[PDB]
Amino acid sequence: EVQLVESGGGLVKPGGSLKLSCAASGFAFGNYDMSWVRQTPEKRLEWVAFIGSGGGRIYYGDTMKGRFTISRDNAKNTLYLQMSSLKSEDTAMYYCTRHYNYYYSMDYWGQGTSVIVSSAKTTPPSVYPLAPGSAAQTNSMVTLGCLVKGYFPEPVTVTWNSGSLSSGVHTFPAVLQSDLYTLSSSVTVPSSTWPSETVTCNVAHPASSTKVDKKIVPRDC
Amino acid sequence: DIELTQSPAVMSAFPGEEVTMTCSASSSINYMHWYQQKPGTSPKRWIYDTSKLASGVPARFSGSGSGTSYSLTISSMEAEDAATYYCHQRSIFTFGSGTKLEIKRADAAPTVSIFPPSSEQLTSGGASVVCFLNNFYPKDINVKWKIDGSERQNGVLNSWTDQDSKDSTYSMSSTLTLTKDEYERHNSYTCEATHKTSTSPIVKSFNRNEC
Ligand SMILES: C[C@]12C=CC(=O)C=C1CC[C@@H]1[C@@H]2[C@@H](O)C[C@@]2(C)[C@H]1CC[C@]2(O)C(=O)CO
């Protein structure tokens, strides 16, 4: 029923500006006070802005300092946040929220839209196959992997055999390395099935519109 | 201003235990709220107005407190209760920093595997040696890299998964990144996991001059 759907987030250079929107459905949008809440990379949650149902009453969080402007259009059931002179510390997931009563709990949250403030540019990943090689295993199981290196911004999505190998998969959280992201993914299969049955990792990076497949092949020793 | 602190930052418990976590305010306030968050999804209203349960919240949960101290309590905890719980109140800018509740289970040693740099990566002039430590418990585990018999500590990056939603284990990767020339100057590469399940480590290794 009730839906809150954010948009407008992305990559922006320091000093830049951005406008976030939140599309509402399933309730009488103009009867409700609304807010923006952001979650920083450290998972810290900060109340950014609040707007009364009529749009005539407004508050902002402590570190905003006039660089944010909350507004709404009750006719189009949309909430906005205009952000300017953006700083590294404004990098966060921005959530649209709805208020229940006048002790101001937030009873519905949107899916969030991600804002990243830095000078780094969109960069596709390099993908490398991880075969045991000179570390050949000997069990009834074998573990293989893919190394995804050097992309920006997050995220990438990794699958194995187009999603048909889903159990036995661990995709690890990405880390910054030379200010670009790197992660690895492992898959474990019965050792009788490889290499007789092909194993392929599928890597998608939406921001760069890149998609690559890397077959895991035994190394030529 | 008024600020919130939460205790403890992280706790773990077996299903069936009683759980209590606290939220403290620097000065007296009222009508405290609590939000539940799980990885990859948005915060969710869980308790509001200090003690009202939100829709869909089991009666095992209760909130209480007054003044400068508040608490959320769970009776006979269940695996689905695992999450981060954040307190917040109508005059507070920054939510409490959250208590992360984790699931206790039986100890498990990791399955360890090591991978040499691929030829494709070497072609580009880098060399990552990757070690996976999969399906272990508890989260605390020590990884040590030895190159040609001597401990190596620079250029290692480690990354843990979130607790596994089906079996409650943890997995982690340890990656040693070198230049191709640094990698080509040495021969024996070892990844060692030391975990409380055994006093003797689990060791995987390879020689570069093979294969
Ligand atoms: C309940 C409150 C006060 C009275 C009111 O009519 C509506 C609200 C909702 C927005 C709250 C606000 C104040 O308490 C101050 C808050 C917390 C603001 C959100 C950011 C805020 O401006 C702030 O962070 C100041 O520290």
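In this entry the chain letters A, B, ... are assigned according to the order of the sequence lines. The residue numbers of chain A are those assigned by the PDB entry, with the residues present covering 1-221 sequentially. Heads up, chain B uses the PDB entry numbers, so what you see runs 1-211. Read the numbers this way: they start at 1 and go in the same order the structure lists the ligands and their atoms. According to its header, the structure was obtained by X-ray crystallography, 2.0 Å.
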Visitor: Write down the drug at ligand 1.
Guide: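 It's prednisolone.
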Visitor: Supply the name from the PDB entry of whichever chain has more contacts with prednisolone (ligand 1) than any other.
Guide: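 The main partner is anti-cortisol (17) Fab (heavy chain).
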Visitor: Show which other chains sit less than 4.0 Å from prednisolone (ligand 1), counting heavy atoms only.
Guide: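 Heavy atoms that close belong to A, B.
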Visitor: I'd like to know whether prednisolone (ligand 1) has A:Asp62 as a neighbour, heavy-atom separation below 4.0 Å.
Guide: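 So A:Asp62 counts as touching prednisolone (ligand 1).
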Visitor: Considering distance alone, does some N or O of A:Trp47 sit under 3.5 Å from an N or O of prednisolone (ligand 1)?
Guide: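 N/O-N/O distance under 3.5 Å: no.
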Visitor: Who's closest to atom 3 (C) of prednisolone (ligand 1) heavy-atom-wise, of A:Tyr59, A:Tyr60, A:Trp36?
Guide: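 Residue with the shortest heavy-atom distance to the ligand atom: A:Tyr59.
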Visitor: Which molecule name is recorded for chain B in the entry?
Guide: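 The PDB gives the name anti-cortisol (17) Fab (light chain).
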Visitor: Identify, by atom number and element, the atoms of prednisolone (ligand 1) in contact range of A:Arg57, meaning under 4.0 Å from any of its heavy atoms.
Guide: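 By the 4.0 Å cutoff, the relevant atoms are 5 (C), 6 (O), 7 (C).
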Visitor: Test of understanding: given a 4.0 Å heavy-atom threshold, classify the contact between B:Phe93 and prednisolone (ligand 1) as side chain, backbone, both, or neither.
Guide: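 Contact part for B:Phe93 vs prednisolone (ligand 1): both backbone and side chain.
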Visitor: Among all the protein's non-hydrogen atoms, which is closest to atom 14 (O) of prednisolone (ligand 1), and how far away is it?
Guide: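 Scanning the protein heavy atoms, the shortest distance from atom 14 (O) of prednisolone (ligand 1) goes to B:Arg90 O, 2.9 Å.
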Visitor: Which residues define the site around prednisolone (ligand 1) at a heavy-atom cut-off of 4.0 Å?
Guide: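 Heavy-atom contacts: A:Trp47, A:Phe50, A:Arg57, A:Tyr59, A:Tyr60, A:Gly61, A:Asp62, A:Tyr104, B:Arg90, B:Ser91, B:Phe93.
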